[PDB]
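Notes follow once the structure below has been shown.
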Amino acid sequence: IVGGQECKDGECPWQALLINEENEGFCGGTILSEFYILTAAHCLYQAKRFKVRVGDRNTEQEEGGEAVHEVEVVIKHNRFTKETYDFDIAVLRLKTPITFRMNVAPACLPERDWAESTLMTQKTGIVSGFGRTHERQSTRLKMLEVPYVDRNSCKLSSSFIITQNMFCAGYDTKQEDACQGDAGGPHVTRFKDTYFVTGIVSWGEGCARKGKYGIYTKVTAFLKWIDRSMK
Amino acid sequence: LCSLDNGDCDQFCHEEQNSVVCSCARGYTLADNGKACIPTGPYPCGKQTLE
RNA sequence: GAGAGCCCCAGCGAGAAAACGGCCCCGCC
Ligand SMILES: O=C(NC[C@H]1CN(c2ccc(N3CCOCC3=O)cc2)C(=O)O1)c1ccc(Cl)s1
Ligand SMILES: [Ca+2]
Ligand code: NA
C-alpha cells in the first residue's frame with residue numbers, strides 16, 4: 001500500500017497473505033469463511049506453490065496468533081485472461097478450518113442488488129495489504145481509504161480495457177494507492193460498522209501515478225460465482 | 001423506502017409489496033424489531049476484532 | 001429474454017509424474 005496507515009490491532013482481520021516456498025508474501029487474500037479465501041486469479045501465476053497465512057500484522061516479528069493453512073482446492077474463474085486481467089478472481093478452499101480469533105475474522109458477502117445500490121454508491125472503500133509502499137514490500141499490514149471513481153473517468157484514464165468485471169478506486173494525483181504485492185487482497189466497504197467485500201485488488205499501471213487509478217475486480221458481478229465456488 | 005436511510009435496516013434492505021424488508025448476512029440473526037442484525041457467535045463477519 | 005453454434009472448464013462427475021466434458025456457476029449466430 002502506498003500512503004494510508006497501519007492496520008492496528010484487530011482492524012483488518014479478514015486480510016490473508018499468500019506466501020510462496022521461501023515464506024515470502026506475494027499476494028493478498030480475503031477470508032470469507034473458516035474454509036474459504038477470496039483472491040485474484042492472476043495471483044495463481046506468481047508462485048510455483050503457496051500457502052495462506054492469516055492473523056499476521058508484522059512479518060518481521062513472527063510471534064503471536066499467526067497461522068499458515070495449506071490449500072486443498074484452487075477454484076480459478078474459467079474465464080480469467082492475463083491479456084486483459086478480466087475475470088480476475090479465484091477462491092481457495094483450505095485443508096484445515098481457520099479458528100477465528102483476534103486479527104482473524106471473515107468479511108461479509110453482501111447481497112448483490114443491495115451491494116450495487118448501497119455499498120458501491122458510498123464515497124469510499126478500504127483496501128489493505130502487505131505490498132509495496134511505493135512503485136519493495138511492507139513488513140507491516142497497511143490499510144487505505146480509496147474513493148470510488150466513476151467508470152467513464154476510469155476508462156478515459158486507462159491504457160487497458162476496463163470491463164464490467166472491474167472498477168476504479170483511489171486518487172487522480174494524490175500519492176495513495178494499492179501496489180505490487182497487494183493483489184488478491186480485500187477491498188471492503190463499511191456500512192454501519194460492518195465491512196462487506198466489494199472488490200479484489202487486481203491491477204494498476206504502476207502505483208499512485210498521476211491520472212491513473214487502482215483497478216479492482218468488481219465482486220458484485222461474482223457473488224453468484226462465489227456462492228457456487230463455496231459449494 | 002430502502003433509499004430513505006436504508007429503510008432503517010442494519011444491513012440488507014429490500015422493497016417488497018410496497019414495504020421495507022430487512023435482512024442480515026450469514027452469522028447474524030434479525031432482531032425482534034425486524035431491522036437490527038445480531039451476531040450469533042463471537043466472530044461475526046465484517047466486524048473488527050477486540051479480544 | 002429464448003435457441004442454436006463454438007470457446008472455456010484449477011468446482012461436482014468420469015478418466016489417465018496430483019494450470020493433467022454428463023452437471024452447477026460463467027463467456028463469446
Ligand atoms: O499490482 C499493481 N500494480 C503493480 C504492477 C502490476 N502492473 C500491471 C499488471 C498488469 C496490467 N495489465 C492490465 C490488464 O491487462 C493485463 C495487464 O498486463 C497492467 C499493470 C503494473 O503496471 O505494475 C496495482 C496497482 C494498483 C492496484 Cl489496485 S493493483
Ligand atoms: Ca507477525
Ligand atoms: Na493516481
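Residue numbering restarts at 1 for every chain, and letters A, B, ... go by the order of the sequence lines. Indexing begins at 1, ligand by ligand and atom by atom, following the structure's order.
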* Main binding partner of ligand 1 in this structure, as named by UniProt? -> Activated factor Xa heavy chain
* What drug or investigational compound is present at ligand 1? -> rivaroxaban
* **Chain letters near rivaroxaban (heavy atom < 4.0 Å)** => A
* Binding-site residues of rivaroxaban, heavy-atom cut-off 4.0 Å -> A:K82, A:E83, A:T84, A:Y85, A:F160, A:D177, A:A178, A:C179, A:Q180, A:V201, A:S202, A:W203, A:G204, A:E205, A:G206, A:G214, A:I215, A:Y216
* To do: Identify the protein heavy atom lying closest to atom 5 (C) of rivaroxaban, giving its residue, its atom name and the separation to 0.1 Å.
  => A:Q180 OE1, 3.5 Å
* Heavy-atom contacts with A:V201 under 4.0 Å: which atoms of rivaroxaban show up? List them by number with element. => 28 (Cl), 29 (S)
* Give the atoms of rivaroxaban, by number and element, whose distance to some non-hydrogen atom of A:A178 is under 4.0 Å. => 25 (C), 26 (C), 27 (C), 28 (Cl)
* State the atoms of rivaroxaban, each with its element, that fall below the 4.0 Å cut-off from a heavy-atom position in A:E205. => 22 (O)
* Should you measure from each heavy atom of A:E83, which atoms of rivaroxaban turn up under 4.0 Å away? -> 15 (O), 16 (C)
* To do: Please indicate whether any nitrogen or oxygen in A:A183 is less than 3.5 Å from any nitrogen or oxygen in rivaroxaban.
  => no
* Which of the atoms in rivaroxaban, numbered in the order shown and given with their element, are less than 4.0 Å from a heavy-atom of A:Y216? -> 28 (Cl)
* Give yes or no for whether the N/O distance cutoff of 3.5 Å, strictly under, is met between A:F160 and rivaroxaban. => no
* Asked: Considering only heavy atoms of A:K82, which atoms of rivaroxaban have at least one such atom less than 4.0 Å away?
  -> 16 (C)
* To do: Map the residues of chain A that contact rivaroxaban to UniProt domains and give the domain with the most.
  => Peptidase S1
* Asked: Can you list the rivaroxaban atoms lying under 4.0 Å from a non-hydrogen atom of A:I215?
  -> 28 (Cl)
* Residue, atom name and distance, where the atom is the protein heavy atom closest to atom 11 (C) of rivaroxaban -> A:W203 CE3, 4.0 Å
* Identify the closest protein heavy atom to atom 10 (C) of rivaroxaban: which residue and atom is it, and at what distance? -> A:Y85 CZ, 3.8 Å
* **Protein heavy atom at shortest distance from atom 14 (C) of rivaroxaban** => A:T84 O, 3.3 Å
* Asked: So which heavy atom in the protein is nearest atom 25 (C) of rivaroxaban, and how far is it from that ligand atom?
  -> A:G206 O, 3.4 Å
* Considering only non-hydrogen protein atoms, determine which one is nearest to atom 6 (C) of rivaroxaban and report residue, atom name and distance to 0.1 Å. => A:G204 O, 3.9 Å
* Asked: What atoms of rivaroxaban come closer than 4.0 angstrom to any heavy atom of A:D177?
  -> 26 (C)
